[PDB]
Amino acid sequence: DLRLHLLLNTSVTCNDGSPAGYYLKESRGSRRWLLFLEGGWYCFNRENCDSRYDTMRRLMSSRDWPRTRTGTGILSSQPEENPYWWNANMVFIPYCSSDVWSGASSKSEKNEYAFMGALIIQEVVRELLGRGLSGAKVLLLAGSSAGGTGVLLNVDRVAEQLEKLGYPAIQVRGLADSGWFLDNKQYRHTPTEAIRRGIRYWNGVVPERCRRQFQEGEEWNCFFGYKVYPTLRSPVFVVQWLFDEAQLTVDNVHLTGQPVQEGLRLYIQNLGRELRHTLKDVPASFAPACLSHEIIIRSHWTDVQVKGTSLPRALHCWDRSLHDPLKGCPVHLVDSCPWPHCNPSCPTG
Ligand SMILES: Nc1nc2ccc(OC(F)(F)F)cc2s1
Ligand SMILES: *[C@@H]1O[C@H](CO)[C@@H](O)[C@H](O)[C@H]1NC(C)=O
């Protein structure tokens, strides 16, 4: 179990002004620290955020958070469930800012909600330094879905923060799961505009080099992995289902069970091909040909394999690669088969 700590800096808040926080399970014998960013979509205007506050309030407020959370998947402390980092210090950072971890705006006379995701990450890091993070060798910033995009948006800022605080020995790395989206055409008209609106509403911030490339008004581009990733300095391992359910949802694709006809077949095959293409120059990546969403905190995350290598193994090979290609220890694992579940190890249900 990971135990809740609300932030001592109570100016760093969830959407409704309640304190943000983190769940922590320390491992005194380890210099590895895993900080996991929870996902859960986002909201981009008053009306949409008001609706989220009615029925997704734990994603907007700490008032009802439990005192503990069980660590699962990569956050598990059991080697059987987590062959990769079972002995690490484990941190789960609840997503309560609804801003894809990009916001830096407080609740105020003019703002019904606070959007402080980027500040939450930095405040968590600062408060952890006194609880052992100061002695870390590796800080792995991981996250799923909106948290995976949050990794891409924040990993270099965490690195810069620790450098400026005087901890140059801590190696900051990223693990972005299910946060690598395509700004593609929908299958039918009903994602780019939502982020453009959100950035303004949240006072959202993006990594500096990416911001300098795209410039004012175009920072929404930095929420798309294939555009922001090449600008990043920190090592980032990208985990992405080729047929991610959230991608298909934003693309207005709903697979019932009737025979898929040619237009949709071509659409789905093209989506997988495009995703594969965007990963070709990502040296640390795990991209199975499955219709699914998220993996790293699922208890059965050990089961999927690409080219016979599981994700925990690929992450271990990545660790080895960052010591100083490895025989039988691959780090770039992208399926080439073109249809969901052409990989036999894909999740079932
Ligand atoms: N460029 C984009 N980044 C994100 C991050 C999270 C998100 O919510 C979802 F549930 F789809 F993951 C959508 C998008 S679009
Ligand atoms: C608390 O957080 C705010 C917002 O990030 C920051 O401006 C302020 O310096 C912090 N105060 C302390 C004591 O850490």
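Going by the PDB entry, the residues shown for chain A are 88-277, 287-420, 428-452, listed in order. As a basis for the values below, the full set of heavy atoms in this structure was taken, side chains included, without hydrogen atoms, waters or symmetry mates. Order of appearance sets the numbers: ligands from 1, and atoms from 1 within every ligand.
The drug that appears at ligand 1 goes by the name riluzole.
Of the chains near riluzole, the one making the most contacts is recorded in UniProt as Palmitoleoyl-protein carboxylesterase NOTUM.
With non-hydrogen distances under 4.0 Å, the site around riluzole consists of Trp128, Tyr129, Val187, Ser232, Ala233, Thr236, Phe268, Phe319, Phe320, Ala342. Per the entry, the source species of chain A is Homo sapiens. Annotation for riluzole: atoms under 4.0 Å from non-hydrogen atoms of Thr236 are 3 (N), 4 (C), 5 (C).
Residue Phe268 has at least one heavy-atom neighbour below 4.0 Å for each of these atoms of riluzole: 3 (N), 4 (C), 5 (C), 6 (C), 9 (C), 11 (F), 12 (F), 14 (C).
Contact atoms of riluzole toward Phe320: 1 (N) (distance under 4.0 Å to a heavy atom of the residue). In chain A, the UniProt-annotated active-site residue lying closest to riluzole, at the minimum heavy-atom distance rounded to 1 Å, is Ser232, 3 Å.
Atoms of riluzole found under 4.0 Å from any heavy atom of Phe319, numbered from 1 in the order shown, are 1 (N), 2 (C), 3 (N).
Contact atoms of riluzole toward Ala342: 11 (F) (distance under 4.0 Å to a heavy atom of the residue). Atoms of riluzole found under 4.0 Å from any heavy atom of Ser232, numbered from 1 in the order shown, are 9 (C), 10 (F), 12 (F). The contact set between riluzole and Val187, taken as ligand atoms under 4.0 Å from a residue heavy atom, comprises 5 (C).
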